[PDB]
Q: 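Got a structure here, written out as structure tokens. Questions coming.
Residues displayed in chain A correspond, in order, to the PDB entry positions 188-243, 246-404, 409-413. As a basis for the values below, the full set of heavy atoms in this structure was taken, side chains included, without hydrogen atoms, waters or symmetry mates. For ligands, and for the atoms within them, numbers begin at 1 and follow the listed sequence.
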Amino acid sequence: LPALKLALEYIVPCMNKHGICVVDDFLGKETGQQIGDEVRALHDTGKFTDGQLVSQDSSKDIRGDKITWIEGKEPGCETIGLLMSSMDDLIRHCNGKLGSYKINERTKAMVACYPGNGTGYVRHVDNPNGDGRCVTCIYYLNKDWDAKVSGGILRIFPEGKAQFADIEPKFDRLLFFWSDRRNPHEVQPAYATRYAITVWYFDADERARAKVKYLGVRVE
Ligand SMILES: O=C(O)CNC(=O)c1nc(Cl)c2ccccc2c1O
Ligand SMILES: [Mn+2]
């Protein structure tokens, strides 16, 4: 599907209505599997961190999600860069229709690997203090994921709503949601290796004034 039809007929109305939007089969099996291959290659060659220290004898320490930051131009990351370009194309075609936000900037990609040792990620808000991030975009890479046996569901707790939104981390699934306090969320314990790629998109105004908050030119 062209970035434009998805954006205009699904992503814009869904984000303005629900603030949580899922696109399945975003890039297709061939491209999705190549991205999976690149991510697994990064993992197998030690490009990830050792993992979030979950509990602290140091040999018995439990570590959780591993991460690596990817620009998309690195050797062996070109298909990740293609994913990032595709995300950018969608956001570009949503211009002026997501909230009243103006998006002209993003982060690098954060590739995350939950190692499958029963660790997850605690309930949190991505941007609770106004750092400029307005949309969280996550792409999942896990073929034939069965949450009934592997866990790893993303559970979102939409504000003002007495309800859960449970999202399985399915292969070739793209997810968008508002990054601020509207969408507290958690990753339930994962019992199999679980990969995802996240990009955050900035609202230009919030980012500009965030620079005032968290602050140079020489004076002679
Ligand atoms: O992977 C998922 O479905 C959802 N993950 C997250 O919400 C998530 N959020 C943050 Cl802020 C971090 C932050 C650092 C490392 C991993 C994260 C993560 O997986
Ligand atoms: Mn998060």
Q: I'm curious - which drug did they put at ligand 1?
A: FG-2216
Q: Supply the name from UniProt of whichever chain has more contacts with FG-2216 than any other.
A: Egl nine homolog 1
Q: I'd like to know what other ligands and ions lie under 4.0 Å from FG-2216, if any.
A: ligand 2 (manganese (II) ion)
Q: Which part of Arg383 is near FG-2216, with near meaning a heavy atom under 4.0 Å away: side chain, backbone, both or neither?
A: side chain
Q: So, 4.0 Å and heavy atoms of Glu375: is FG-2216 close enough to count as a contact?
A: no
Q: Using a 3.5 Å cut-off on N or O atoms only, is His313 in polar contact with FG-2216?
A: yes
Q: Between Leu364 and FG-2216, which part of the residue brings a heavy atom under 4.0 Å of the ligand: side chain, backbone, both or neither?
A: neither
Q: Distance to 0.1 Å, residue and atom name: give those for the protein heavy atom nearest to atom 13 (C) of FG-2216.
A: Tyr310 OH, 3.5 Å
Q: Which FG-2216 atoms does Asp315 reach within 4.0 Å, using its non-hydrogen atoms?
A: 9 (N), 11 (Cl)
Q: How far is atom 15 (C) of FG-2216 from the closest protein heavy atom, and which atom is that?
A: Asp254 OD2, 3.1 Å
Q: Among all protein heavy atoms, pick out the one at the shortest distance from atom 14 (C) of FG-2216; state its residue, atom name and that distance to 0.1 Å.
A: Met299 SD, 3.8 Å
Q: Who's the nearest protein heavy-atom neighbour of atom 4 (C) of FG-2216, and how far?
A: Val376 CG2, 3.3 Å
Q: Is FG-2216 close to any UniProt-listed 2-oxoglutarate-binding residue of chain A, that is, with a heavy atom under 4.0 Å, and which ones?
A: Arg383
Q: Near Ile256, which atoms of FG-2216 are under 4.0 Å from a heavy atom of that residue?
A: 15 (C)
Q: Number the atoms of FG-2216 from 1 as they appear, then name those within less than 4.0 Å of a heavy atom of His374, with their elements.
A: 7 (O)
Q: Under 4.0 Å from a heavy atom of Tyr329: which atoms of FG-2216 are those, numbered in the order shown and with their elements?
A: 2 (C), 3 (O)
Q: Using a 4.0 Å heavy-atom cut-off, say whether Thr325 meets FG-2216 through its side chain, its backbone, both or neither.
A: neither
Q: Report the nearest protein non-hydrogen atom to atom 19 (O) of FG-2216: residue, atom name, distance rounded to 0.1 Å.
A: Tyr303 OH, 2.6 Å
Q: Which residues that UniProt lists as binding Fe cation in chain A have a heavy atom under 4.0 Å from FG-2216?
A: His313, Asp315, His374
Q: UniProt domain of chain A with the most residues touching FG-2216?
A: Fe2OG dioxygenase
Q: Just wondering, which residues come within 4.0 Å of FG-2216 on a heavy-atom basis?
A: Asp254, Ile256, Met299, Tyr303, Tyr310, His313, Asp315, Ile327, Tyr329, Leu343, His374, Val376, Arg383
Q: Between FG-2216 and the protein, which N/O pairs are shorter than 3.5 Å?
A:
from: FG-2216; atom 1: 1 (O); to: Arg383; atom 2: NH1; distance (Å): 2.8
from: FG-2216; atom 1: 3 (O); to: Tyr329; atom 2: OH; distance (Å): 2.7
from: FG-2216; atom 1: 3 (O); to: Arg383; atom 2: NH2; distance (Å): 2.8
from: FG-2216; atom 1: 7 (O); to: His313; atom 2: NE2; distance (Å): 3.4
from: FG-2216; atom 1: 7 (O); to: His374; atom 2: NE2; distance (Å): 2.9
from: FG-2216; atom 1: 9 (N); to: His313; atom 2: NE2; distance (Å): 3.1
from: FG-2216; atom 1: 19 (O); to: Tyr303; atom 2: OH; distance (Å): 2.6

